[PDB]
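Structural view - lirilumab in its complex with Killer cell immunoglobulin-like receptor 2DL3.
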Amino acid sequence: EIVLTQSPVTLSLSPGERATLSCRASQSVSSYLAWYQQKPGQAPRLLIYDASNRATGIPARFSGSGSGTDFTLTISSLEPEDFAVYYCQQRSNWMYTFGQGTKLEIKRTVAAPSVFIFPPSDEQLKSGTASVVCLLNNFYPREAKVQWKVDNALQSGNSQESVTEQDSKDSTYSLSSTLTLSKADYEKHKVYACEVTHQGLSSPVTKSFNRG
Amino acid sequence: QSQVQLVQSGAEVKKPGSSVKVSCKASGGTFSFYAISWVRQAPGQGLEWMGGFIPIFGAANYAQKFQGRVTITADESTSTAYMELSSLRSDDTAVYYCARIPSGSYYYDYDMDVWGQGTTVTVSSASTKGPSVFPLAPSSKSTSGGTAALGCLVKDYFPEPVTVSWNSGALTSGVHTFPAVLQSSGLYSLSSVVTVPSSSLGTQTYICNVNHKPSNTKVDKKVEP
Amino acid sequence: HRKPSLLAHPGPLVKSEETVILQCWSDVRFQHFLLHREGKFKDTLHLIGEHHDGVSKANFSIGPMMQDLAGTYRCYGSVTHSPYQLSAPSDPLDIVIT
Ligand SMILES: *[C@@H]1O[C@H](CO[C@@H]2O[C@@H](C)[C@@H](O)[C@@H](O)[C@@H]2O)[C@@H](O[C@@H]2O[C@H](CO)[C@@H](O[C@@H]3O[C@H](CO[C@H]4O[C@H](CO)[C@@H](O)[C@H](O)[C@@H]4O[C@@H]4O[C@H](CO)[C@@H](O)[C@H](O)[C@H]4NC(C)=O)[C@@H](O)[C@H](O[C@H]4O[C@H](CO)[C@@H](O)[C@H](O)[C@@H]4O)[C@@H]3O)[C@H](O)[C@H]2NC(C)=O)[C@H](O)[C@H]1NC(C)=O
């Protein structure tokens, strides 16, 4: 079956720059290629149909090109509203397979996170568990590494993190990692730390607490 | 740009191994000689085509990953479309979409695509459970740079969605409500933090406003100690 | 549900980068004319039938001839009463590149 592969995965460009996205098909679809845009929180919107024809109401800055296995979506003069996710979808021989997608994010100056750590609540400890939270606020690039260390021991499998979308003002991301431990294993130990590595950081930063 | 509009059925919560049937009712037109395409997007993942139905040719084309558990159909009126998914697995927890697209080319008189609002389907062996709101107390460990961090943990909840607001919506700037995460328990959990001036930590009253499906509203004050 | 008629002008055998007209008509007052191609890339083009003196016709214009627009062309017609229900397929017309 025809598999649509898109490149790049993430495009980090600045407002006003020309953008180029690529959709490659394992077998020819021959202009039966559609381009969609999904802004976060909304449904996908059709941009280009039949590989090159622009949909009704789409600004002329969006352009479609390609036939067979290679396709290109060009967005000249990136307007701030255009930074979103772009999918390509084949429309050949009654098969409408989608591509993996491509994230169009804003390339700003390097911003490093403000690291805050939160000890477990006394109400949650009565409930029987303990959850420690580390927060990385406002950073760019999105690539960051958080490592929990309990008494100098790297914890693996007990940490769940979630990242926020790029903010529409400072173009940064935020991360929140949570380490959940039983009331039995917590208390058995003392030092709880949170190591953070980022591009905007000359040295790794550690936020720690000692229970009591 | 087409006069046609699509409305889908409501959200659903099914158990692993059951079946769900989502409906797509058309307004201002019929599917006619167009094709019914269903797509699914899981939280954080991308768009996944499930299959299509061309009523004029009585043709149903499906994706290999769903071939065998998926059925796409429509009413003789060609006004309501239906997709039924069987052997439901937790991996099928996603939002499903229905689209009126052309069979192939948009040559000559063909209207632009029309999507529906979507349908959230959650497949889990868990039961409806209210969240537990715990404080993330501000401290020197969260107060550096003259800016202090303050937050709540909405832990152990099902099913989504959960709304979090600070001071009844009077605090929106600095507020970062992080996407929920699915734990091994099958229950969800989210965190929502807000950065406020370090001063005013003891003067200002910060309260979390959390609402959920099991008719649960939990307001929690966030004190400094 | 009566089969329409399909013709190609100037003919079914076409040269590369040349446009042809695939006329679809019938004495029945068909409101929608659908042309379906069978081949390397199947497709279904739609055209509103124009009811002139006696017949309702539709001039399907197959653009610059590429190997992808070649195949077996059959024609259908429907009434807006139920655009879902097509008629009987016309006799197949094979378009081949010279
Ligand atoms: C779908 O396509 C139909 C067929 O179009 C033709 O074939 C397609 C494949 C293409 O090649 C087209 O370019 C081609 O036109 C269309 O029907 C035709 O529309 C055209 C354009 O309006 C008509 O051409 C004009 O006809 C005028 C009328 O004269 C004809 O009709 C008289 C009766 O109505 C008849 O008495 C005449 O003898 C004449 O008949 C034509 O004879 C020639 C030669 O034998 C044949 O080749 C035609 O097929 C005959 N047409 C018939 C039988 O209908 C003319 O007056 C007019 O001439 C104009 O231009 C000249 C200069 O070139 C001027 O000098 C003159 O003053 C005038 O301005 C022109 O030829 C054509 O007749 C229509 N019918 C046919 C069968 O071709 C459909 O309209 C189209 N439908 C859609 C929705 O697009």
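Letters go in sequence order (proteins before strands), and every chain restarts at 1. When the header is checked for method, it gives X-ray crystallography, 2.8 Å. Reckoned from all heavy atoms, side chains included, excluding hydrogens, waters and symmetry mates.
- The ligands or chains attributed to lirilumab are chains A and B.
- At 4.5 Å, heavy atom to atom, the residues around lirilumab are C:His32, C:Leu34, C:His36, C:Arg37, C:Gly39, C:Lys40, C:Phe41, C:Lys42, C:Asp43, C:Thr44, C:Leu45, C:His46, C:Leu47, C:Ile48, C:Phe60, C:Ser61, C:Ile62, C:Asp68, C:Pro83, C:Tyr84, C:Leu86.
- Residue counts put most contacts of chain C with lirilumab in the UniProt domain Ig-like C2-type 1.
- For chain B, the entry uses the name Lirilumab Fab Heavy Chain.
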